[PDB]
Amino acid sequence: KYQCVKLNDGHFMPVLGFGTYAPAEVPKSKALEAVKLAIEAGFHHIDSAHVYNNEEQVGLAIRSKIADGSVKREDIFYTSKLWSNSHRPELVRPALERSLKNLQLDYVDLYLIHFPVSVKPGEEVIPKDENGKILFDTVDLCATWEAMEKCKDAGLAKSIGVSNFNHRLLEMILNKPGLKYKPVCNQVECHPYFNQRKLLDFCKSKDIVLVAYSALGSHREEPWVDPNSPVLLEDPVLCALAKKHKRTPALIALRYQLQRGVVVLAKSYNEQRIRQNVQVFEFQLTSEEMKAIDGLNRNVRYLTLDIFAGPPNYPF
Ligand SMILES: NC(=O)c1ccc[n+]([C@@H]2O[C@H](COP(=O)([O-])OP(=O)(O)OC[C@H]3O[C@@H](n4cnc5c(N)ncnc54)[C@H](OP(=O)(O)O)[C@@H]3O)[C@@H](O)[C@H]2O)c1
Ligand SMILES: CC(C)Cc1ccc([C@H](C)C(=O)O)cc1
C-alpha cells in the first residue's frame, strides 16, 4: 500500500511522484538507472514527457521492474505530456501513440497538455524559421482538449489533465460547451518561494489536483532558469526546520506540499537522495511549522519558458 489521492475521474494518483527530466549534458542512460532506483525506493508515480527525450529509457525501466516481478503495472502511475508541436486535434492521438511506442507500454495513467502555447507541427520540438524566430501556431486548445478526451475514451490515457495553465486557461476548458472530462490536475511550479495559494484554492474549488514541479527549487538549468535566482534549499527557515526534525530542507519542502493537499514531484538521479525523498511519509509538520513555511512566499518563478512569451496563451 501507498498514499494516493482520488482524482475527479475516479482514478487514483500517488501523492509523491518521481521527476525524470535532466538537462541534455546528462546522458540518457542515467534515466534508466534512476527510474529503477525510484521504483525500488517506493515511488509509484513517475513523471515524464515526450519533450524530455527519455521515454525509451524510462519505459525500459518500468518494463524491467514489471518483468522481474518487482511491481505490477497497476502499481505504477505513469504520466506523459503532449508537446506543443502536437496541439492540432488530429495530431494528439498520434503523439500519444508515439510516446506509447517509445515506452513499449499499452497506456499512460495520465496525459497532460504540457504547455498552452502552440508551435508548428513536425519532428522539431522548438521549430524555428531561418531567422531564429519560433514558429508559433494558432490552435483552439478546446479542440486539443476534445482530442485528449477521445484518448481517454480509447483507453490510451486513464486520466487527462493540463500543465502550466493559469486561471483564464483553466476556465476556458471548464466552461467549454459539451465538456466531457474536466482536467484531473494542473501541473505547475510550486514551492515555498512561489506557493501558488491562489491558484491552489481555485483548483481545489473545482476538485482539480495541483501537482507541484520544481518543488525543490528546480534543476536550475541555463538558460531556462536565471542563475541569480535564490537557491530554495539554502533557505534558513527550511534549514532550521530540517535540523529540528533531523531531516533535510528538501524533505521539509516536500512535506509542506503533501500537507496542503498538493501532489509533489521530486527529481533526483542520486541513489541516496532518491531514497531520502520517500522519507516524506515518515514525519509531519505542525500548524505553526506550516505557517512558518507559508511565510516564505516571495513571488519567485524559476521557470518562465519566456521563449514562448508573446502569443495570447502564454500563461505567465
Ligand atoms: N510540466 C512542466 O512544465 C515541468 C517543468 C519542470 C519540471 N517538471 C517535472 O518536475 C520534475 C521535478 O522538477 P525539477 O526537475 O525542476 O527538479 P526538483 O525536483 O525541484 O529538483 C531537482 C534538483 O534537486 C536535487 N535534489 C533532489 N532531491 C534532493 C534532496 N533530497 N536533497 C537535495 N537536493 C535534492 C536534484 O539533484 P540530484 O538529481 O543530483 O539529486 C535536482 O538537481 C521534473 O523532473 C519533471 O518531471 C515539469
Ligand atoms: C529543453 C527544451 C528543448 C525541451 C523542454 C521544453 C519544455 C520543458 C518544460 C519547461 C519542462 O521542464 O517540463 C522541458 C524541456
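The numbering of chain A matches the PDB entry: 4-319, in order. Determined via X-ray crystallography, 1.3 Å. Every number for a ligand or one of its atoms is a count from 1 in the order of the listing. What's counted below: heavy atoms across the whole structure, side chains too, no hydrogens, waters or symmetry copies.
- Among the choices proflavine, tranexamic acid, valpromide, ibuprofen, the one modelled at ligand 2 is ibuprofen.
- The chain that ibuprofen (ligand 2) touches most here appears in the PDB entry under the name Aldo-keto reductase family 1 member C2.
- Ibuprofen (ligand 2) lies within reach of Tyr55, whose nearest heavy atom is under 4.0 Å from it.
- Residue contacts with ibuprofen (ligand 2), taken as heavy atom pairs separated by less than 4.0 Å, do not involve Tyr216 at all.
- Listed by atom number, the atoms of ibuprofen (ligand 2) under 4.0 Å from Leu308 heavy atoms are 10 (C).
- Among protein heavy atoms, atom 4 (C) of ibuprofen (ligand 2) sits closest to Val54 CG2, 3.4 Å.
- The closest approach between ibuprofen (ligand 2) and any UniProt active-site residue of chain A, by heavy atoms to 1 Å, is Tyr55, 3 Å.
- For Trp227, every heavy-atom contact with ibuprofen (ligand 2) shorter than 4.0 Å involves the side chain, none the backbone.
- Close approach of ibuprofen (ligand 2) to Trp86 (heavy-atom distance below 4.0 Å) involves ligand atoms 6 (C), 7 (C).
- Heavy atoms of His117 found under 4.0 angstrom from ibuprofen (ligand 2) belong exclusively to the side chain.
- Within 4.0 Å of ibuprofen (ligand 2), counting heavy atoms, one finds these UniProt NADP(+)-binding residues of chain A: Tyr24.
- Among the substrate-binding residues UniProt records for chain A, the set within 4.0 Å of ibuprofen (ligand 2) by heavy-atom distance is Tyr24, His117, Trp227.
- The atoms of ibuprofen (ligand 2) that sit less than 4.0 Å from any heavy atom of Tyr24 are 1 (C), 15 (C).
- By chain and number, the binding site of ibuprofen (ligand 2) at a non-hydrogen cut-off of 4.0 Å is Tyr24, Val54, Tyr55, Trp86, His117, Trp227, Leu308.
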May I have a table of the N/O to N/O pairs between ibuprofen (ligand 2) and the protein that fall below 3.5 Å, each row giving the two atom names and the distance to 0.1 Å?
from: ibuprofen (ligand 2); atom 1: 13 (O); to: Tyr55; atom 2: OH; distance (Å): 2.6
from: ibuprofen (ligand 2); atom 1: 13 (O); to: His117; atom 2: NE2; distance (Å): 2.7

